[PDB]
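Numbering starts at 1 and runs along the sequence shown. Recorded method is X-ray crystallography, 2.4 Å. The figures here come from the full heavy-atom set of this structure, side chains too, leaving out hydrogens, waters and symmetry mates. All ligand and atom numbering here is 1-based and tracks the order in the structure.
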Amino acid sequence: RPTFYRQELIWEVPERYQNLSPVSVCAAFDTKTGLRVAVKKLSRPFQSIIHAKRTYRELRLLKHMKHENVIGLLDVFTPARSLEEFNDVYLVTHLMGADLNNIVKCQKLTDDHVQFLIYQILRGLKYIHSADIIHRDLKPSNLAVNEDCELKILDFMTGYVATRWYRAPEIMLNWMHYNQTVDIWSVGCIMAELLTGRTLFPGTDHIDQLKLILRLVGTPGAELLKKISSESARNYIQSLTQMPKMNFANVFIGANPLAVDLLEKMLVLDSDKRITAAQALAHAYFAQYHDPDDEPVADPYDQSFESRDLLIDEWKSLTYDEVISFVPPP
Ligand SMILES: O=c1ncn2nc(Sc3ccc(F)cc3F)ccc2c1-c1c(Cl)cccc1Cl
Ligand SMILES: [Cl-]
C-alpha cells in the first residue's frame, strides 16, 4: 500500500500523482510512468443498487479494455484499508488533452486526417465489438485525441442538442432491440462532420432529426418495417410520405469518392445491413492505414453479471475484489 495525501479541489490519492488540477475528473502528473493522466473520482458509488451496479459495470469495462484506441485503466485505487470503509473509487488513465470537438475548431482537416481519425475509431470499435460490447453513445466528445491526432474512445436528449445528433434512429426512437451497428451509425455521423465541418443531422428534437435522417437515407421499405417491433413506432413511420435515398455524391460534394462510398455503407437505415467495423477497416478508403495484422480483437468478456440481481453490499464487495486484484499494464 502506497502513501496517500489529501487535498480539496476532497481528493485522496497516492503520492505518485502530483499537480492535480480539475478538468469529477482531474488531470495529474504520474511520477511512476512520466505520463500526464486523467483521474476520475467516483464519489457516491454504492448509494443505490442502480448506482452500485453501475460502478461495478464501469470498473469491469475499464479493466477489460486493453487497446491503443480504447481508454483503459492505468491504475485503480481506494484510500480505504478494508471493505468496511470502502466508499471511493478513483480511476486513472492516459490524458490525451482534448476531444474531437476541440480538434475541428482548432484546425482545418485534410482527407488524410479524416482517414487516420476514422480508422482509429473503427479499429477500437472492432475491438470493443469483438468482446460483445456496444458503446451506444459515440460522439465527438467521447473521443479523446492528442496532438499527434492519436485517438482513444471513452465513456460508453431533448431539443437542439448534440447528445442526440449521433444516435441511430432505431435507438433514438426505441424501434427494436438494437445491435452493435448503432455504433457504426454514430461513426457515419462523425465522419460526415469531419468532411463537411457541419453536423449531419442537427435536429431540433427527435422527430425533426428523424425527418433529416429519412430525407438522406430514404423512408424504410417493407422489410425494415417488419423488423420494427414497436407497433407504435411502426405505425408512425408509415404515416410519412415515402422518400427515396439521396445521392451521397451530391450531398458530400468534393469528397474522396471512396469516403462517399463508405458513408453510404455506414448510414443504412436497416441496422442488419450496415457495414461492421471489421468490414469497414478493409474498405479501400483506409488502404493507407489498414493492417489486418495490427487490428487485434478482445479477450472474452463475461458480462453475465448484467442479468444478476444483487443487493448493494454484494455489488460493492464485487467492486472491491476488482479493485484489489487490479494489475497495472507493463
Ligand atoms: O484527454 C483525456 N483523456 C482521458 N479522459 N478521461 C476522462 S474520464 C476517465 C475515464 C477512465 C479513467 F480511468 C480515468 C478518467 F479520468 C475524461 C476526459 C479525458 C480527457 C479529456 C481532457 Cl483531459 C480534456 C478534454 C477532453 C477530454 Cl476527452
Ligand atoms: Cl453546424
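In this complex, the main macromolecule engaging ligand 1, as named in UniProt, is Mitogen-activated protein kinase 14. Looking at ligand 1, the drug there is VX-745.
Looking at the UniProt active-site residues in chain A, the one nearest to VX-745 (ligand 1) by heavy-atom distance, rounded to 1 Å, is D155, 5 Å.
Annotation: atom 4 (C) of VX-745 (ligand 1) to nearest protein heavy atom, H94 O, 3.4 Å. The nearest protein atom to atom 2 (C) of VX-745 (ligand 1), hydrogens excluded, is given as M96 N, 3.5 Å; this is a heavy-atom distance. The closest protein non-hydrogen atom to atom 25 (C) of VX-745 (ligand 1) is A98 CA, 3.9 Å.
In terms of protein heavy-atom proximity, atom 5 (N) of VX-745 (ligand 1) is closest to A38 CB, 3.6 Å.
At least one heavy atom of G97 sits under 4.0 Å from some atom of VX-745 (ligand 1).
Ligand-side atoms of VX-745 (ligand 1) in range of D99: 26 (C), 28 (Cl), range being under 4.0 angstrom from any heavy atom.
Of all protein heavy atoms, the one lying nearest to atom 12 (C) of VX-745 (ligand 1) is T93 CG2, 3.5 Å.
Residue contact check: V25 has heavy atoms under 4.0 Å from atoms 16 (F) of VX-745 (ligand 1).
Here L95 has heavy atoms under 4.0 Å from VX-745 (ligand 1) in both its backbone and its side chain.
Shortest contact from atom 15 (C) of VX-745 (ligand 1) to any protein heavy atom: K40 CB, 3.5 Å. At a heavy-atom cutoff of 4.0 Å, VX-745 (ligand 1) is contacted by the side chain of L73 but not by its backbone. For VX-745 (ligand 1), the UniProt domain of chain A with the most contacting residues is Protein kinase.
Of all protein heavy atoms, the one lying nearest to atom 7 (C) of VX-745 (ligand 1) is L154 CD1, 3.6 Å.
In this structure, atom 14 (C) of VX-745 (ligand 1) lies nearest to the protein heavy atom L91 O, 3.2 Å.
In this structure, atom 20 (C) of VX-745 (ligand 1) has its sub-4.0 angstrom surroundings free of protein heavy atoms. Below 4.0 Å from some heavy atom of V92 lie the following atoms of VX-745 (ligand 1), by number and element: 13 (F). Site of VX-745 (ligand 1) with heavy atoms closer than 4.0 Å: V23, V25, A38, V39, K40, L62, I71, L73, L91, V92, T93, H94, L95, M96, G97, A98, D99, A144, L154.
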